[PDB]
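Mitogen-activated protein kinase 1, liganded with GDC-0994.
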Amino acid sequence: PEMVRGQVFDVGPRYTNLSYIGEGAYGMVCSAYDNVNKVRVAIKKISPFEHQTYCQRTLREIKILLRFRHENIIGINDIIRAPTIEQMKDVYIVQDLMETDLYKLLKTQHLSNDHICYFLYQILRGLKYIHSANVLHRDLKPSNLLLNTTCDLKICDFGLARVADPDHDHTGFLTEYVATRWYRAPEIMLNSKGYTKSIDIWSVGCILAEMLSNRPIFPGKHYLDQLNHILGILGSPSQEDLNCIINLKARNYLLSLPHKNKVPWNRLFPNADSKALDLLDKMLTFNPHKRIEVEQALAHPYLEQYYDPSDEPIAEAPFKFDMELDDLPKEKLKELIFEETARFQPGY
Ligand SMILES: Cn1nccc1Nc1nccc(-c2ccn([C@H](CO)c3ccc(Cl)c(F)c3)c(=O)c2)n1
């Protein structure tokens, strides 16, 4: 059937010549050749059925990506799984192959201001579409941004992503420990169940910083250190910013901390375009409600060369509570995953 570092990819005969790209807790991604369409593809093997969270993430990613269509968001081309649900252990998501990700590119190349600007434009062009659909991506970082050699960029991995119908108040109903640590907005630590899509803008800020310096701006060692790295640079929150924190436990936890001074952006990035540091500052703002939104970040002067509302799609049918109905046993989620992938099956 064809094996990569001990992982069977039951994808033949259509998909062959598999090479490792990466892996995660419950799956693996490889490049492959599509013999039918005569194109290179990526194939993400997911093995989620043992755990309810893994089934949730798999269902979310499939439900969201199949209803999305945008140049800066990876599409699903095809999905492979067993013809019976008892036989389904693995799901194979087939996507267009991208040459590399931003993480790899930043280990090996100092980016020109022109590249950084185009990349940031494309991230925010994609995020605009995502937010307009009422989705939070919730794990933006360099390794979830794919790059082909023409410097085209696509956001991938909607595993951590979800819908939040703005018709309903999601304070207290949102998963606690979201985003990769270095890219985690302060309100996930201080308002752990009440954050909004603004956490995505924070993540994009961390990425913009990382692009300027080839280094993570807030490389914290653990939960409480990440908040210290952040305050180490933004300086202690203002009194108006503290009074805005509704959780008492978390408000007092801050009021307890020593005072820190703001490090000026231009003293951390003395070579960077000033327009870029201005947008960085509006994106890395402590108070979520004051943090620039995706439309206003595109309209910033730094991206004036690319910003064009007439060529920037938004979701024509924004997602609603019908896409959030996934607080269910893993056996039930397995059924919904089977139903959602049915349309790729011979028959249906
Ligand atoms: C050549 N090259 N080098 C790096 C990336 C590529 N190309 C490529 N092309 C299409 C898709 C992907 C791709 C990668 C990573 N992920 C996430 C990791 O960020 C991922 C989540 C969960 C699990 Cl389990 C996983 F293995 C990988 C994708 O979803 C999808 N990559």
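Numbers here are sequence positions counted from 1. We count ligands from 1, going down the list as the structure has it; atoms in each ligand are counted the same way.
In terms of protein heavy-atom proximity, atom 29 (O) of GDC-0994 is closest to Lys44 NZ, 3.2 Å. Regarding atom 31 (N) of GDC-0994, its nearest protein heavy-atom neighbour is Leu146 CD1, 3.8 Å. Both the backbone and the side chain of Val29 come within contact range of GDC-0994, each with a heavy atom under 4.0 Å. By the 4.0 Å heavy-atom criterion, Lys154 is excluded from the residues contacting GDC-0994. Annotation: atom 30 (C) of GDC-0994 to nearest protein heavy atom, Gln95 OE1, 3.5 Å. UniProt lists residues of chain A as binding ATP; of these, a heavy atom within 4.0 Å of GDC-0994 is found for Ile21, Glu23, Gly24, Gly27, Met28, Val29, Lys44. Of the listed residues (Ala42, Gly27, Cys156), the one carrying the non-hydrogen atom nearest atom 10 (C) of GDC-0994 is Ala42. Counting heavy atoms closer than 4.0 Å to GDC-0994, residue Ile46 contributes nothing at all. Of the heavy atoms in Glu23, only backbone atoms (N, CA, C, O) come closer than 4.0 Å to GDC-0994. Closest to atom 5 (C) of GDC-0994, if we only count protein heavy atoms, is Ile21 CG2, 3.7 Å.
Distances from GDC-0994 to the non-hydrogen atoms of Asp96 include at least one value under 4.0 Å.
Chain A: most residues in contact with GDC-0994 are in UniProt domain Protein kinase. In chain A, the UniProt-annotated active-site residue lying closest to GDC-0994, with its least heavy-atom distance, is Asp139, 7 Å.
Interface atoms of GDC-0994 facing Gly24, defined by a heavy-atom separation under 4.0 Å, are 24 (Cl), 26 (F). Checked against a 3.5 angstrom limit, the closest N/O atoms of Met98 and GDC-0994 fall inside it. Per the entry, the organism of origin for chain A is Homo sapiens. Remark: GDC-0994 and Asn144 share an N or O pair separated by less than 3.5 Å (distance only, no angle test). For atom 20 (C) of GDC-0994, the nearest protein heavy atom (residue, atom name, distance) is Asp157 OD2, 4.0 Å. Distances shorter than 4.0 angstrom do not occur between any heavy atom of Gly159 and any atom of GDC-0994. The residues lying within 4.0 Å of GDC-0994, counted on heavy atoms, are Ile21, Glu23, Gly24, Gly27, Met28, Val29, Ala42, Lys44, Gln95, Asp96, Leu97, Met98, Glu99, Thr100, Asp101, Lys104, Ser143, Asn144, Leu146, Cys156, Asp157.
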